[PDB]
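Caption: PDB structure containing paromomycin.
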Amino acid sequence: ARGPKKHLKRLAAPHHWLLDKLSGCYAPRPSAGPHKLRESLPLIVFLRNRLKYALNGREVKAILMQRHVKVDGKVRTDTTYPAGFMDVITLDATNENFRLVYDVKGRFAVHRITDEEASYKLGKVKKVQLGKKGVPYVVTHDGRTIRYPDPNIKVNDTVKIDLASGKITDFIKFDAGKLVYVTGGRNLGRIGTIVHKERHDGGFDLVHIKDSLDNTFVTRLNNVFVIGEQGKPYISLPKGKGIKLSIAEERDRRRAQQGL
Amino acid sequence: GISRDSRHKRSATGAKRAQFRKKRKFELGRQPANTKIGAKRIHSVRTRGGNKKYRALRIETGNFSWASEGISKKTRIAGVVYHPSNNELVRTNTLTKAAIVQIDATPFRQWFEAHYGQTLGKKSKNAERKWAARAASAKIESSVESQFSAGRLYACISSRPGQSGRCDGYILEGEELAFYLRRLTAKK
Amino acid sequence: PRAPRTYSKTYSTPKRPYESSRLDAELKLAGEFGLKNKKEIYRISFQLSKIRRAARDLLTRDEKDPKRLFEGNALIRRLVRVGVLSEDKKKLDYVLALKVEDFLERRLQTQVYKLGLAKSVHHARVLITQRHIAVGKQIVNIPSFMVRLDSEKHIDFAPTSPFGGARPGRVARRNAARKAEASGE
RNA sequence: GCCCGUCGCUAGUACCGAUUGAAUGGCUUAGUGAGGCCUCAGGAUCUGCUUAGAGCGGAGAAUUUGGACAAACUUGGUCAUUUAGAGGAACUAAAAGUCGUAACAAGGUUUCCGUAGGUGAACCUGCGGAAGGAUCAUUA
RNA sequence: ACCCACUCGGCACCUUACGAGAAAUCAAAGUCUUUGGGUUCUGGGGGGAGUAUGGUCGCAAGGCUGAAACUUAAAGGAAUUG
RNA sequence: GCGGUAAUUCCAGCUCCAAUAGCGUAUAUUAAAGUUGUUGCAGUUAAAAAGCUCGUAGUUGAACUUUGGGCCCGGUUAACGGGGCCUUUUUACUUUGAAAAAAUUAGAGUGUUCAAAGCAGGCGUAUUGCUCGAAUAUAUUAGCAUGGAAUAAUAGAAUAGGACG
RNA sequence: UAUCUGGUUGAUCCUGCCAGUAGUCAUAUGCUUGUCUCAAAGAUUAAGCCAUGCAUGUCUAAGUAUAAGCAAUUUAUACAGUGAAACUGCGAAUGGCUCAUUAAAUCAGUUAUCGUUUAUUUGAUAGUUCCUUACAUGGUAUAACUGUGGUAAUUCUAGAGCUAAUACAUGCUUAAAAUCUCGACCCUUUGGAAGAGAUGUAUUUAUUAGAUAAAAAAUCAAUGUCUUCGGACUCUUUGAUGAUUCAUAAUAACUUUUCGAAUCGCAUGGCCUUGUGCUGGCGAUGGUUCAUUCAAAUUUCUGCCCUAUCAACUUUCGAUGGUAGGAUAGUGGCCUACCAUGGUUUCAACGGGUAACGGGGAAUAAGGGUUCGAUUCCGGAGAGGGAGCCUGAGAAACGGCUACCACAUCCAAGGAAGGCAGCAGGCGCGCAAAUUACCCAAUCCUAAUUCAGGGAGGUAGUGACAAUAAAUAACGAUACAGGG
RNA sequence: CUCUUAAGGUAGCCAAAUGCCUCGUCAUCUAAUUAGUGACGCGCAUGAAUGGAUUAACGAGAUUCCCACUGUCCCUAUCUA
Ligand SMILES: NC[C@@H]1O[C@H](O[C@H]2[C@@H](O)[C@H](O[C@@H]3[C@@H](O)[C@H](N)C[C@H](N)[C@H]3O[C@H]3O[C@H](CO)[C@@H](O)[C@H](O)[C@H]3N)O[C@@H]2CO)[C@H](N)[C@@H](O)[C@@H]1O
Ligand SMILES: NC[C@@H]1O[C@H](O[C@H]2[C@@H](O)[C@H](O[C@@H]3[C@@H](O)[C@H](N)C[C@H](N)[C@H]3O[C@H]3O[C@H](CO)[C@@H](O)[C@H](O)[C@H]3N)O[C@@H]2CO)[C@H](N)[C@@H](O)[C@@H]1O
Ligand SMILES: NC[C@@H]1O[C@H](O[C@H]2[C@@H](O)[C@H](O[C@@H]3[C@@H](O)[C@H](N)C[C@H](N)[C@H]3O[C@H]3O[C@H](CO)[C@@H](O)[C@H](O)[C@H]3N)O[C@@H]2CO)[C@H](N)[C@@H](O)[C@@H]1O
Ligand SMILES: [Mg+2]
Ligand SMILES: [Mg+2]
Ligand SMILES: [Mg+2]
Ligand SMILES: [Mg+2]
Ligand SMILES: [Mg+2]
Ligand SMILES: [Mg+2]
Ligand SMILES: [Mg+2]
Ligand SMILES: [Mg+2]
Ligand SMILES: [Mg+2]
Ligand SMILES: [Mg+2]
Ligand SMILES: [Mg+2]
Ligand SMILES: [Mg+2]
Ligand SMILES: [Mg+2]
Ligand SMILES: [Mg+2]
Ligand SMILES: [Mg+2]
Ligand SMILES: [Mg+2]
Ligand SMILES: [Mg+2]
Ligand SMILES: [Mg+2]
Ligand SMILES: [Mg+2]
Ligand SMILES: [Mg+2]
Ligand SMILES: [Mg+2]
Ligand SMILES: [Mg+2]
Ligand SMILES: [Mg+2]
Ligand SMILES: [Mg+2]
Ligand SMILES: [Mg+2]
Ligand SMILES: [Mg+2]
Ligand SMILES: [Mg+2]
Ligand SMILES: [Mg+2]
Ligand SMILES: [Mg+2]
Ligand SMILES: [Mg+2]
Ligand SMILES: [Mg+2]
Ligand SMILES: [Mg+2]
Ligand SMILES: [Mg+2]
Ligand SMILES: [Mg+2]
Ligand SMILES: [Mg+2]
Ligand SMILES: [Mg+2]
Ligand SMILES: [Mg+2]
Ligand SMILES: [Mg+2]
Ligand SMILES: [Mg+2]
Ligand SMILES: [Mg+2]
Ligand SMILES: [Mg+2]
Ligand SMILES: [Mg+2]
Ligand SMILES: [Mg+2]
Ligand SMILES: [Mg+2]
Ligand SMILES: [Mg+2]
Ligand SMILES: [Mg+2]
Ligand SMILES: [Mg+2]
Ligand SMILES: [Mg+2]
Ligand SMILES: [Mg+2]
Ligand SMILES: [Mg+2]
Ligand SMILES: [Mg+2]
Ligand SMILES: [Mg+2]
Ligand SMILES: [Mg+2]
Ligand SMILES: [Mg+2]
Ligand SMILES: [Mg+2]
Ligand SMILES: [Mg+2]
Ligand SMILES: [Mg+2]
Ligand SMILES: [Mg+2]
Ligand SMILES: [Mg+2]
Ligand SMILES: [Mg+2]
Ligand SMILES: [Mg+2]
Ligand SMILES: [Mg+2]
Ligand SMILES: [Mg+2]
Ligand SMILES: [Mg+2]
Ligand SMILES: [Mg+2]
Ligand SMILES: [Mg+2]
Ligand SMILES: [Mg+2]
Ligand SMILES: [Mg+2]
Ligand SMILES: [Mg+2]
Ligand SMILES: [Mg+2]
Ligand SMILES: [Mg+2]
Ligand SMILES: [Mg+2]
Ligand SMILES: [Mg+2]
Ligand SMILES: [Mg+2]
Ligand SMILES: [Mg+2]
Ligand SMILES: [Mg+2]
Ligand SMILES: [Mg+2]
Ligand SMILES: [Mg+2]
Ligand SMILES: [Mg+2]
Ligand SMILES: [Mg+2]
Ligand SMILES: [Mg+2]
Ligand SMILES: [Mg+2]
Ligand SMILES: [Mg+2]
Ligand SMILES: [Mg+2]
Ligand SMILES: [Mg+2]
Ligand SMILES: [Mg+2]
Ligand SMILES: [Mg+2]
Ligand SMILES: [Mg+2]
Ligand SMILES: [Mg+2]
Ligand SMILES: [Mg+2]
Ligand SMILES: [Mg+2]
Ligand SMILES: [Mg+2]
Ligand SMILES: [Mg+2]
Ligand SMILES: [Mg+2]
Ligand SMILES: [Mg+2]
Ligand SMILES: [Mg+2]
Ligand SMILES: [Mg+2]
Ligand SMILES: [Mg+2]
Ligand SMILES: [Mg+2]
Ligand SMILES: [Mg+2]
Ligand SMILES: [Mg+2]
């Protein structure tokens with residue numbers, strides 16, 4: 001249709017932004033990012049619709065243009081900038097930090113981590129190849145390309161990544177019984193460990209999973225993110241820790257802490 | 001402009017389909033530049049997404065490779081002789097791929113005699129050092145040598161002159177040399 | 001391209017319109033509740049039918065079905081909370097037996113009459129729609145307001161008007177002021 | 001009693017129809033063919049390299065060779081959808097006209113079928129059916 | 001050749017309704033709201049009408065295929081009493 | 001069907017019914033309609049079995065191949081369910097899943113005063129505050145992965161050009 | 001949310017339709033019309049025609065200011081605050097509208113790119129440029145501007161003279177190796193050796209590696225070390241894929257040789273032989289390849305309504321396939337050349353109709369279904385009809401150009417300009433649908449960019465489309481009838 | 001029903017090479033048509049081997065129109081024997 005599409009319509013936006021039907025015809029349309037705007041958080045959504053710090057469209061700009069926000073160590077000027085999975089978002093004048101991690105319903109959760117643990121990030125290595133001159137390279141989910149990596153790292157690992165500089169502080173391989181966060185799907189936002197990886201030649205390997213409460217379920221290998229060693233993530237998970245409590249179970253817990 | 005679309009065609013059942021939409025640039029095609037021998041003239045085409053194709057218009061003198069020797073020198077490209085698609089290109093002496101042209105043999109003769117030391121097809125003590133080692137590999141072919149007597153060699157254009165702008169190829173050897181020989185003599 | 005604001009119609013009108021008996025039963029219900037139009041009888045029989053049909057396809061599900069568990073018990077808990085299903089009749093079988101007078105009984109009109117405050121269903125409504133029957137702090141003038149079981153005890157005259165509080169009506173406050181020049185100067 | 005057809009008047013729909021009937025669109029053979037694009041050229045003007053003055057290079061307007069694309073005009077055909085028509089010939093409505101009374105009673109020549117010919121009209125006659133017949137019946 | 005008993009396969013017939021059907025009736029026209037063994041063909045109020053048109057077959061008479069506009073509350077079946 | 005002189009039917013008066021900020025009319029479409037019939041029609045006489053037989057397509061097509069016995073482990077309200085031992089040991093289909101846009105439908109939650117909606121909200125000390133949400137399930141064709149082996153198909157040694165070491 | 005009734009008769013049971021009943025996010029119309037919430041609305045007839053206005057423009061400290069521009073009084077004598085114009089930059093390919101085409105087409109769900117393109121965004125990537133004479137930074141050219149002008153007339157322009165750059169055209173620059181060739185002279189053995197080139201990246205071709213699964217001795221050319229006249233042989237370099245001629249590296253060349261920073265803003269620090277020497281901070285804009293992101297292009301499987309009064313169709317002149325080429329961003333009969341005779345069909349081709357854009361969905365509410373979808377979202381197509389194209393990363397664009405056809409405006413008769421299926425609004429059409437309003441405050445988008453611009457959008461008018469709520473009266477008194 | 005004289009124009013066709021009236025009337029063709037064609041038919045005086053109706057093909061037969069063509073014409077000029 002003649003070129004790039006510069007608009008997004010409300011009701012066409014990602015559901016996990018939790019926008020309201022009325023109030024406008026349009027969503028922000030995240031910028032061209034490290035993350036696919038399908039799965040991503042525009043800064044305006046985070047600040048205005050989650051942190052509830054900004055009340056306006058014009059107000060979100062007054063924050064960024066006041067130099068306040070950074071992301072993954074670097075200041076981010078862009079209103080629609082698509083902060084994705086495993087990001088940082090430091091605000092000095094508010095002293096806080098947030099690592100973006102999914103709910104157990106699958107939305108980006110508003111999750112505060114301390115002045116450390118916002119040092120480093122994890123990312124899933126999407127490909128590892130040979131660059132110019134023979135220089136090997138590796139790139140994460142968020143499009144970080146890191147050069148001269150560890151010969152052990154293959155696709156479908158994770159990498160612990162210093163921010164202020166870069167490169168690679170150790171890593172975690174992919175084999176039986178590792179800690180895993182589910183990137184997207186029916187089971188998106190869950191956490192668990194590897195019961196088996198069903199191999200499929202010519203695409204779409206099934207990855208079997210078991211969580212802390214001993215439930216089984218499967219998703220796509222491409223959505224299987226290794227978050228660390230079994231029972232010990234490398235980052236801080238929020239309440240419920242991606243446990244997928246049943247809808248029936250939910251009702252009780254709401255009417256449990258509800259009383260006197 | 002010309003259209004590369006498959007929907008101006010007929011369905012494999014044979015039916016003629018109505019025109020569904022207009023012509024769009026990305027399905028276009030453009031005119032052949034039929035490149036013939038002559039003083040180098042090469043036109044630029046602004047391709048898809050910017051970049052450049054290079055139209056070969058008049059092409060003399062482009063790079064050729066002697067396979068077994070592992071060496072490549074530049075020569076004149078006299079004209080065409082054979083061509084599998086259209087003799088019209090032979091007659092008109094147009095340069096495309098699969099061309100089977102004829103090239104200046106002399107820069108290809110010079111390298112040999114200044115390497116293997118034997119003159120082709122009939123002091124500096126450091127040199128006789130080298131020519132001593134390189135011998136016993138010094139027989140080429142009866143069919144590849146004889147053309148040096150004439151001064152022009154049988155070569156096949158492997159570039160796409162209207163595309164790259166270079167007209168390049170490789171001298172014919174082996175049975176491939178024989179195949180086009182049994183053509184030239186038993187055709188013309 | 002505005003977001004498509006949705007809606008629905010609240011009532012279902014009867015198939016056979018002229019049935020000689022049903023006409024009477026409705027007329028009574030209009031009087032023995034104090035209803036404006038036959039639509040306020042329709043609104044409830046439609047509510048009841050979707051309530052019934054909900055339980056209808058719910059009992060089709062062999063027991064210990066989460067749908068018959070979670071949903072079926074999310075109905076009862078809503079159905080008792082308003083005083084329709086009695087404090088315990090609670091079952092999926094006892095909602096199917098639940099009739100039309102049960103919702104109508106719980107209306108703010110059919111309550112404001114019930115305990116004091118009215119002594120008519122026609123006085124009730126006229127009281128409701130005019131300002132003051134208010135429940136709690138907030139005035140609610142809807143004769144259909146559907147009093148919940150425990151919201152009952154909070155319903156009395158409103159903080160304004162001659163019945164519950166400051167000032168009398170300006171019918172009378174105009175009467176006291178027209179003797180001001182008659183019995184005064 | 002019911003009841004058929006012609007004939008006679010009143011209104012309505014469609015049909016056939018001389019007009020080589022009109023109209024709109026699509027696909028089209030032929031002929032012609034704008035325009036930009038590619039290409040062979042051209043060279044108003046302006047202009048750099050090596051050496052008044054001469055040799056070799058770049059920039060470039062009108063104009064132009066050839067080529068593909070190709071609107072569109074003319075003339076034909078084809079398909080679609082719509083439509084005018086003197087006259088023709090039906091059918092349908094409205095009722096207690098005219099002619100006779102074909103069918104319903106063995107309806108007064110049982111009715112009906114296919115076919116064939118004939119007759120103002122329903123109908124009549126030939127052959128071969130059927131029974132939905134007016135006979136379930138002559139081991140007597 | 002005749003008699004008798006048995007048994008297939010025939011053209012029918014009789015009684016009973018086990019059933020079925022609007023009934024007349026039906027050993028199928030039964031095994032049908034306890035609705036499915038397989039399969040072929042047709043019908044969808046009465047007219048208009050087997051008309052018009054196209055196609056096709058025939059020497060022709062004709063056959064095969066086969067509409068719509070419009071019109072109408074009945075038409076019809078079986079049985080009952082007159 | 002009413003009206004041709006005492007009109008239950010027209011024009012009205014009176015009253016009465018019906019639904020009511022809405023009731024009527026035209027047109028379409030759905031239900032009624034088992035009057036399109038897979039479920040689920042009808043065809044002697046009401047509409048309707050080709051004059052008759054052949055026969056391609058299509059639909060459809062008898063039965064038979066592991067039956068039975070003996071123990072075990074772990075499941076959910078002795079009935080039943082799931083997973084293994086021993087006994088001479090190719091599809092069509094069906095389940096589970098994944099990957100399925102949001103709206104919309106269904107549906108949980110919540111006092112928009114009710115509600116249609118909305119996805120807000122709720123408690124507070126109301127002097128630089130706490131905080132649970134935004135559930136859940138869906139066209140069942142195709143594709144992908146998976147458990148199932150009944151049913152129905154399909155291949156296999158007939159001049160052995162068969163199997164096996 | 002599993003219902004029926006009325007009508008064929010003298011009466012009867014059937015068949016059977018007509019009629020009644022109810023619903024419609026379904027349209028019109030009539031009569032009536034008070035209150036809150038909510039808010040469809042020229043789709044249908046004619047993608048018919050349209051006067052006028054509006055709808056696309058855009059600057060930060062950070063490209064270009066000598067405005068005969070404003071402004072204080074500038075340490076500001078190169079500039080410096082502000083800042084019109086114009087240059088360079090980017091956008092104008094998004095939106096918004098409409099449903100005319102379109103029946104295997106679009107489209108849906110589902111694959112493919114080991115078959116390509118990609119502004120931007122994010123993440124990395126560059127010591128190599130001259131060769132035998134700026135690096136304290138080469139060269140001109142121009143707009144705005146001023147001034148002389150033409151035409152009835154336009155977002156027309158002529159020629160005269162100035163002046164800028166991240167415009168245009170140019171062009172130096174830096175480590176240590178190491179491997180290659182070629183090779184003056186020394187001259188014997190198992191013999192060697194200065195110093196003359198070549199090596200960034202990209203383009204083009206050719207060739208090479210990109211390998212392994214289990215172990216042992218014999219062969220030839222010349223070496224590849226090495227020790228002490230005895231000759232020893234110690235060692236094979238892969239990253240990835242289901243899969244590659246993949247990534248990546250190697251040699252020989254090739255090239256009207258791609259990029260390799262003559263670029264701006266804030267700062268003003270540190271050294272010492274003090275020359276305005278040498279060295280330095282965070283930024284902005286760029287730039288080569290790679291990945292990423294926003295996309296694009298094609299693509300696998302399966303799925304469309306009526307029609308046989310459409311049964312054969314495709315193949316001139318591409319129909320199906322093979323080869324080669326050409327063209328493309330790239331695959332492919334996309335096109336050309338040669339060659340074969342293929343390809344579809346009663347499991348319905350081909351053809352015709354559609355008052356047909358597909359889908360998400362909508363109406364109906366036993367089940368099984370019937371009917372509808374111009375229309376808020378997604379995809380597609382189009383901008384009167386057709387075609388062609390320039391710029392560009394992206395267009396076969398129309399609020400871009402060029403032509404034709406059909407419209408149609410101005411004119412001074414010479415010529416000139418146009419495309420409401422954007423927002424309003426006019427005529428027309430019909431049964432059929434609203435104001436030539438306000439506004440960037442909200443949602444958001446665009447830009448050099450917090451500021452500006454947005455008939456996207458929002459507000460308001462019109463608005464009995466549809467939906468929700470649900471006033472038009474309430475309680476006694478007195479006077480008669482009536483219930484224990 | 002009548003009537004003279006045996007019957008009393010059937011199937012068909014038509015202003016026809018048959019129609020007086022007559023350049024019949026209607027439609028069509030044309031700017032205009034005593035022409036042509038299609039109709040209509042109480043047809044002065046069509047009509048059945050005195051053959052009636054139809055009819056493919058054929059024709060130096062009669063007739064109308066169309067396209068092409070042209071000095072037939074507008075309107076005449078020139079050339080050769
Ligand atoms: N809109 C009028 C014209 O439509 C033309 O386009 C026409 C065609 O694209 C298309 O016509 C189709 C045709 O393709 C196809 N092969 C046959 C089909 N019957 C035609 O259909 C057309 O005409 C029929 C009547 O014949 C109508 O019933 C129908 O609505 C119409 N679409 O439909 C359009 C007609 O509406 C041109 N765009 C242009 O000349 C003009 O705009
Ligand atoms: N809205 C986001 C999503 O869009 C989807 O849209 C569909 C299409 O856009 C997409 O189609 C293909 C895709 O399969 C494939 N993997 C990539 C391809 N580029 C896509 O196709 C694309 O290009 C084609 C050809 O030019 C266009 O016709 C098409 O409109 C465009 N989307 O595949 C999607 C699923 O079939 C779906 N509607 C849905 O999953 C979801 O709404
Ligand atoms: N003009 C014919 C039209 O036919 C239409 O429909 C006709 C046919 O389509 C329909 O079916 C006929 C059937 O009657 C006839 N007796 C047998 C024939 N096979 C069927 O034919 C139909 O179906 C077959 C497949 O069975 C198709 O192959 C055929 O193309 C189709 N016409 O029955 C109708 C004929 O009775 C409509 N009746 C109407 O539009 C009109 O009558
Ligand atoms: Mg955005
Ligand atoms: Mg997608
Ligand atoms: Mg083409
Ligand atoms: Mg008539
Ligand atoms: Mg042509
Ligand atoms: Mg031309
Ligand atoms: Mg007529
Ligand atoms: Mg006639
Ligand atoms: Mg008589
Ligand atoms: Mg009579
Ligand atoms: Mg009689
Ligand atoms: Mg008699
Ligand atoms: Mg008689
Ligand atoms: Mg008699
Ligand atoms: Mg008789
Ligand atoms: Mg009889
Ligand atoms: Mg007779
Ligand atoms: Mg007669
Ligand atoms: Mg009969
Ligand atoms: Mg049933
Ligand atoms: Mg019928
Ligand atoms: Mg017939
Ligand atoms: Mg016929
Ligand atoms: Mg009878
Ligand atoms: Mg009276
Ligand atoms: Mg009445
Ligand atoms: Mg009356
Ligand atoms: Mg039905
Ligand atoms: Mg079934
Ligand atoms: Mg029936
Ligand atoms: Mg019958
Ligand atoms: Mg037959
Ligand atoms: Mg809902
Ligand atoms: Mg079987
Ligand atoms: Mg009858
Ligand atoms: Mg009806
Ligand atoms: Mg319109
Ligand atoms: Mg509209
Ligand atoms: Mg658009
Ligand atoms: Mg079509
Ligand atoms: Mg798709
Ligand atoms: Mg110059
Ligand atoms: Mg100039
Ligand atoms: Mg000048
Ligand atoms: Mg390679
Ligand atoms: Mg940057
Ligand atoms: Mg053939
Ligand atoms: Mg062509
Ligand atoms: Mg080929
Ligand atoms: Mg090829
Ligand atoms: Mg290609
Ligand atoms: Mg052929
Ligand atoms: Mg259409
Ligand atoms: Mg449709
Ligand atoms: Mg649509
Ligand atoms: Mg329903
Ligand atoms: Mg249903
Ligand atoms: Mg039903
Ligand atoms: Mg339409
Ligand atoms: Mg429509
Ligand atoms: Mg759209
Ligand atoms: Mg228009
Ligand atoms: Mg540019
Ligand atoms: Mg377009
Ligand atoms: Mg546009
Ligand atoms: Mg255009
Ligand atoms: Mg416009
Ligand atoms: Mg003038
Ligand atoms: Mg408008
Ligand atoms: Mg009007
Ligand atoms: Mg309206
Ligand atoms: Mg409307
Ligand atoms: Mg705004
Ligand atoms: Mg603004
Ligand atoms: Mg400013
Ligand atoms: Mg309304
Ligand atoms: Mg009033
Ligand atoms: Mg006569
Ligand atoms: Mg006579
Ligand atoms: Mg006679
Ligand atoms: Mg006769
Ligand atoms: Mg005559
Ligand atoms: Mg005459
Ligand atoms: Mg004649
Ligand atoms: Mg005559
Ligand atoms: Mg004449
Ligand atoms: Mg005449
Ligand atoms: Mg005549
Ligand atoms: Mg006559
Ligand atoms: Mg006569
Ligand atoms: Mg006369
Ligand atoms: Mg005579
Ligand atoms: Mg005679
Ligand atoms: Mg005679
Ligand atoms: Mg005669
Ligand atoms: Mg004759
Ligand atoms: Mg002739
Ligand atoms: Mg003749
Ligand atoms: Mg003749
Ligand atoms: Mg003649
Ligand atoms: Mg002449």
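Per chain, numbering begins at 1; letters A, B, ... match sequence-line order. So how was this one determined? The header says X-ray crystallography, 3.3 Å. Only a part of the entry is shown; contacts are counted within it. We count ligands from 1, going down the list as the structure has it; atoms in each ligand are counted the same way.
Lab note - all copies counted, paromomycin located at ligands 1, 2 and 3.
The macromolecule with the greatest number of heavy-atom pairs within 4.5 Å of paromomycin (ligand 1) is, in the PDB entry, named 18S ribosomal RNA. At a heavy-atom cut-off of 4.0 Å, the other chains in contact with paromomycin (ligand 1) are listed as D, G. Note: paromomycin (ligand 1), no covalent bond to a chain. At distances under 4.0 Å from paromomycin (ligand 1), no other ligands or ions are found.
Under a 4.0 Å non-hydrogen cut-off, the residues that form the binding site of paromomycin (ligand 1) are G25(D), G26(D), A80(D), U81(D), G48(G), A100(G), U101(G), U102(G), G353(G), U354(G), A355(G), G385(G), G386(G).
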